[PDB]
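Consider the following structure, which contains savolitinib.
A note on names: the letters A, B, ... follow the listed sequences, proteins ahead of strands, and every chain is numbered from 1. Just so you know, these numbers use all the heavy atoms, side chains as well, and skip hydrogens, waters and symmetry mates. Each ligand, and each atom within it, is numbered from 1 in the order the structure gives.
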Amino acid sequence: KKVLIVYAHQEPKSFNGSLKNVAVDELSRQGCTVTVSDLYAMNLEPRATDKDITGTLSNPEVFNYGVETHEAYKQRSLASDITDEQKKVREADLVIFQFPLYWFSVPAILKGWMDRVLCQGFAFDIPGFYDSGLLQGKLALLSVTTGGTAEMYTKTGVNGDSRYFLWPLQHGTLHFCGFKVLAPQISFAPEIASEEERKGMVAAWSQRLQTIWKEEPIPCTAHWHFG
Amino acid sequence: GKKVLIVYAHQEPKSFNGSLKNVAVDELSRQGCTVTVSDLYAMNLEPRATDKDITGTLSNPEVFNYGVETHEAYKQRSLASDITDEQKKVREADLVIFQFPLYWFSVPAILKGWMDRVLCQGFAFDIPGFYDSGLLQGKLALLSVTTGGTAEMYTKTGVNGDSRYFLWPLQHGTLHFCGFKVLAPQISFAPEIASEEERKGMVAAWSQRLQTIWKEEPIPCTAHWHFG
Ligand SMILES: Cc1cc2nc3c(=O)[nH]c(=O)nc-3n(C[C@H](O)[C@H](O)[C@H](O)COP(=O)(O)OP(=O)(O)OC[C@H]3O[C@@H](n4cnc5c(N)ncnc54)[C@H](O)[C@@H]3O)c2cc1C
Ligand SMILES: Cc1cc2nc3c(=O)[nH]c(=O)nc-3n(C[C@H](O)[C@H](O)[C@H](O)COP(=O)(O)OP(=O)(O)OC[C@H]3O[C@@H](n4cnc5c(N)ncnc54)[C@H](O)[C@@H]3O)c2cc1C
Ligand SMILES: C[C@@H](c1ccc2nccn2c1)n1nnc2ncc(-c3cnn(C)c3)nc21
Ligand SMILES: C[C@@H](c1ccc2nccn2c1)n1nnc2ncc(-c3cnn(C)c3)nc21
Ligand SMILES: [Zn+2]
Ligand SMILES: [Zn+2]
């Protein structure tokens with residue numbers, strides 16, 4: 001089994017850093033093939049621009065990013081950074097995303113990865129989205145840290161249920177491309193939590209990774225996310 | 001004399017998004033509003049949250065915490081000039097319009113970068129000082145979004161779910177959290193699939209709405225509004 005970890009934190013000693021390393025350690029220990037895209041260390045280009053196609057653009061007078069990258073994929077003309085990430089995803093049976101929550105979503109660097117890597121022809125098609133997505137057969141999993149407490153992330157809480165913010169990512173992106181989505185790993189409020197609680201959150205993540213291949217995916221539906 | 005900031009995120013001036021931005025500029029300018037546009041792609045705005053965003057001595061130089069460092073940087077007036085210039089535009093604005101195509105049920109990463117880097121602690125919010133006590137209280141925000149998906153795809157029964165589901169992180173999680181009152185979103189569904197005559201109608205509808213934009217009340221930005 002082959003695992004891609006897409007990681008988006010600036011600081012290796014971070015709680016996010018620890019969770020990534022524990023995933024590398026434990027998956028490597030089981031005998032999985034492990035790859036890590038450390039996006040900040042790669043200085044990954046997040047912007048969707050014409051630099052993402054290498055050669056003459058199909059319509060040079062009026063640039064349409066969606067249309068041009070789809071044609072570029074079919075012609076094998078995408079920038080090498082995109083195509084290298086596409087190779088890693090194509091080979092991967094499981095893709096883990098490790099990141100701190102930025103404005104109820106992924107950090108922009110990781111948003112850029114999503115925007116640029118998962119292009120038409122590679123991740124989806126028409127037809128070929130949701131259960132018919134082109135990355136069907138693969139598993140995705142969001143491992144997210146938050147500043148907000150668990151109690152803030154409830155239906156009655158001030159931020160709403162944590163499942164509300166997962167919708168664009170799990171359904172809108174991952175399910176749309178054909179991933180089956182495993183339950184998210186949410187490590188609430190490591191900054192506020194005690195060191196002993198932090199250790200428990202890391203141990204729980206380690207523990208889960210031991211049996212990750214036997215898990216069932218969630219039913220990625222409106223009903224799951226919104227009750 | 002009302003002041004409008006348009007944060008615009010499309011690569012191509014002749015785009016449908018471009019047209020909507022220009023019509024907003026034209027119509028708001030015609031009313032006598034002060035109009036400013038942050039064209040993010042033309043500015044080549046840095047989207048990445050890195051240590052380059054602080055120009056000064058870091059509170060903890062051995063272990064970098066972006067949140068903690070940018071908060072201290074704001075108080076010390078030590079943020080990168082691109083951040084502080086956008087902060088000035090927002091501080092002056094009475095209304096901030098965001099114009100963008102929907103990218104993966106959200107904003108394009110360039111615009112996500114603007115949100116991550118501009119709306120830092122001390123400027124946009126504080127602890128306490130968020131949601132109704134946010135530091136940008138008194139201001140209005142409005143999302144003008146285009147989609148590839150049809151209106152019918154963006155319903156509760158539809159395959160993408162209700163459009164209000166994807167607005168939650170943006171309107172509540174970001175804008176409300178900073179103290180903006182949120183005006184109803186402008187959603188221009190599926191311009192690529194629509195006929196030219198339908199496209200013209202969608203632009204004219206946006207123009208028409210902007211004529212009376214100052215008499216509108218904000219939505220109640222609640223869980224109940226988005227999910228009820
Ligand atoms: C632009 C921006 C937007 C944000 N938006 C949101 C939002 O919308 N909603 C929200 O809830 N939050 C938000 N946050 C907060 C953010 O999600 C948290 O700060 C982040 O998730 C914390 O993760 P971290 O890895 O940086 O924690 P850290 O600060 O790195 O970790 C906390 C502590 O854990 C320690 N640690 C590391 N490894 C271990 C280990 N193995 N065992 C024990 N302890 C360890 C660290 O040394 C540190 O003391 C935002 C932050 C920023 C900068
Ligand atoms: C990375 C990526 C992710 C995406 N994710 C999503 C998603 O999650 N959900 C989703 O629904 N969609 C998604 N899309 C699709 C995207 O949202 C649409 O392609 C976009 O919203 C359409 O806006 P546009 O301005 O690019 O349209 P354009 O292609 O610019 O416009 C369509 C046509 O209108 C014409 N036009 C321009 N101005 C006028 C005018 N004044 N009058 C008449 N005609 C005019 C143009 O010439 C053009 O032929 C994604 C696209 C990309 C590239
Ligand atoms: C940090 C966390 C939070 C907010 C208030 C609070 N009072 C006691 C504990 N608290 C924790 N929080 N909860 N929702 C959030 N949304 C956004 C952010 C945020 C945005 N930028 N940064 C640096 C943090 N922080 C958020
Ligand atoms: C293309 C558009 C779409 C797909 C199917 C369909 N049938 C009738 C109209 N339709 C419109 N669409 N609908 N939801 C989408 N979500 C995402 C994307 C997309 C485009 N580029 N990328 C990278 C994602 N496109 C999307
Ligand atoms: Zn789903
Ligand atoms: Zn709200």
Where exactly can savolitinib be seen in this structure? ligands 3 and 4
What does UniProt call the chain that holds savolitinib (ligand 4) with the greatest number of close contacts? Ribosyldihydronicotinamide dehydrogenase [quinone]
Name the other chains in heavy-atom contact with savolitinib (ligand 4) below 4.0 Å. A, B
What residues end up in the site of savolitinib (ligand 4) at 4.0 Å, going by heavy-atom distances? A/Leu118, A/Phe124, A/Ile126, A/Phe129, A/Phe176, B/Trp104, B/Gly148, B/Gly149, B/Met153, B/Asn160, B/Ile193
Could you tell me the residue and atom name of the protein heavy atom closest to atom 14 (N) of savolitinib (ligand 4), and the distance to it rounded to 0.1 Å? B/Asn160 ND2, 3.4 Å
Among all the protein's non-hydrogen atoms, which is closest to atom 25 (N) of savolitinib (ligand 4), and how far away is it? A/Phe176 CZ, 4.1 Å
Looking at atom 21 (N) of savolitinib (ligand 4), what's its closest protein heavy atom, distance included? A/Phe124 CZ, 3.3 Å
Taking only heavy atoms of B/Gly148 into account, list the atoms of savolitinib (ligand 4) that are under 4.0 Å away from them. 2 (C), 11 (C)
Which residue supplies the protein heavy atom nearest to atom 6 (C) of savolitinib (ligand 4), what is that atom called, and how far is it? B/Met153 SD, 3.8 Å
Which UniProt substrate-binding positions in chain B have any non-hydrogen atom closer than 4.0 Å to savolitinib (ligand 4)? none
Quick one: look up the protein heavy atom nearest atom 12 (N) of savolitinib (ligand 4) and list residue, atom name and how far away it is. B/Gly149 N, 4.0 Å
What residue and heavy atom of the protein are closest to atom 1 (C) of savolitinib (ligand 4), and at what distance? A/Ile126 CD1, 4.0 Å
Which FAD-binding residues that UniProt annotates in chain B are found with a heavy atom under 4.0 Å from savolitinib (ligand 4)? B/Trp104, B/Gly148, B/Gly149
Numbered atoms of savolitinib (ligand 4) (with element) below 4.0 Å of A/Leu118, judged on heavy atoms: 23 (C)
List of N/O pairs, savolitinib (ligand 4) versus protein, all under 3.5 Å?
from: savolitinib (ligand 4); atom 1: 14 (N); to: B/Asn160; atom 2: ND2; distance (Å): 3.4

